[PDB]
A.B. asks: 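Sharing a structure here in structure tokens format.
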Amino acid sequence: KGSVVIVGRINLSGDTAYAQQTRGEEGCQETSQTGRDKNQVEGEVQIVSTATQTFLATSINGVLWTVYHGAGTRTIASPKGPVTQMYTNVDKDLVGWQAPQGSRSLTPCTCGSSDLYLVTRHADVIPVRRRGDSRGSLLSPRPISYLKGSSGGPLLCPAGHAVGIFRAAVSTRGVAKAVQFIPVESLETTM
Ligand SMILES: CC[C@@H]1[C@@H]2CN(C(=O)[C@H](C(C)(C)C)NC(=O)O[C@@H]3C[C@H]3CCCCC(F)(F)c3nc4ccc(OC)cc4nc3O2)[C@@H]1C(=O)N[C@]1(C(=O)NS(=O)(=O)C2(C)CC2)C[C@H]1C(F)F
Ligand SMILES: [Zn+2]
């Protein structure tokens, strides 16, 4: 199987969040096969792809994290070739690689706030009220299509710290009313 490939990023650096593509589909396929990706990486949230799926990955504390259901055990492409996972936990649906040079990491949240914000692959910033250790409700439910492809993205607190990694959606008749996430403390213990 090929490597996971960074194909874009969610730009959160200014006042407006927006998605940027950094590699098209043909270059993605080539880079997945070689594992050699010379592109410059920037930012906290990467858009990533395999031959068959596309999703997100988020840097927290120097590790680029994503979901096992997207990445499996795959290496990630890098300027020096394929990079093997540093963390794999199928029970948490969690994998991680060393964060690429040029990326910026989020800091784990320590404030205990329940007012969260989910960042999607389309750079929507979606308010979510935390409802448990691993769940939160959308303030404005929407069709699940709007969340598809955003696993591996972050939930952030009002100060912009990482609270969790988006894992699964709670859906009724195709409407997403809530999200399920890997809490950052689960990452912190993994580290
Ligand atoms: C494969 C898709 C996974 C499945 C089902 N699933 C759901 O969300 C389902 C739907 C389908 C009914 C919505 N809800 C749901 O279980 O709710 C229940 C309350 C939750 C409690 C159970 C949590 C289960 C889990 F998550 F831990 C999970 N652990 C796994 C571990 C190992 C593994 O090894 C192969 C597969 C695993 N598979 C898992 O879950 C996930 C999903 O779709 N995630 C999102 C996404 O965007 N993926 S993605 O980027 O498009 C893609 C596919 C390209 C990568 C955010 C969703 C976006 F769509 F909203
Ligand atoms: Zn916080």
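Count residues from 1 along the sequence. Computed from heavy atoms alone, side chains included, the values below leave out hydrogens, waters and symmetry copies. Technique stated in the header: X-ray crystallography, 1.4 Å. Numbering of ligands and ligand atoms starts at 1, following listing order.
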A.B. asks: Drug name at ligand 1?
C.D. replies: voxilaprevir
A.B. asks: Going by the PDB entry, what is the chain that binds voxilaprevir (ligand 1) with the most atom pairs under 4.5 Å called?
C.D. replies: HCV NS3/4A protease
A.B. asks: Tabulate residues with any non-hydrogen atom nearer than 4.0 Å to voxilaprevir (ligand 1).
C.D. replies: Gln53, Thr54, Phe55, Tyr68, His69, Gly70, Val90, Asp93, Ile144, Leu147, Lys148, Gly149, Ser150, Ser151, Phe166, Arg167, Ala168, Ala169, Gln180
A.B. asks: Under 4.0 Å from a heavy atom of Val90: give me the atoms of voxilaprevir (ligand 1) that qualify, with their elements.
C.D. replies: 31 (C), 32 (C)
A.B. asks: Below 3.5 angstrom, do we get any N/O pair linking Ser151 and voxilaprevir (ligand 1)?
C.D. replies: yes
A.B. asks: Within the 4.0 Å heavy-atom shell around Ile144, which atoms of voxilaprevir (ligand 1) are there?
C.D. replies: 13 (C), 60 (F)
A.B. asks: Output the list of atoms in voxilaprevir (ligand 1) that are nearer than 4.0 Å to some heavy atom of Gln53, sorted by atom number.
C.D. replies: 52 (C), 53 (C), 54 (C), 55 (C)
A.B. asks: Could you tell me which atoms of voxilaprevir (ligand 1), counted from 1 in the order shown, lie closer than 4.0 angstrom to a heavy atom of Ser150?
C.D. replies: 47 (O), 50 (O)
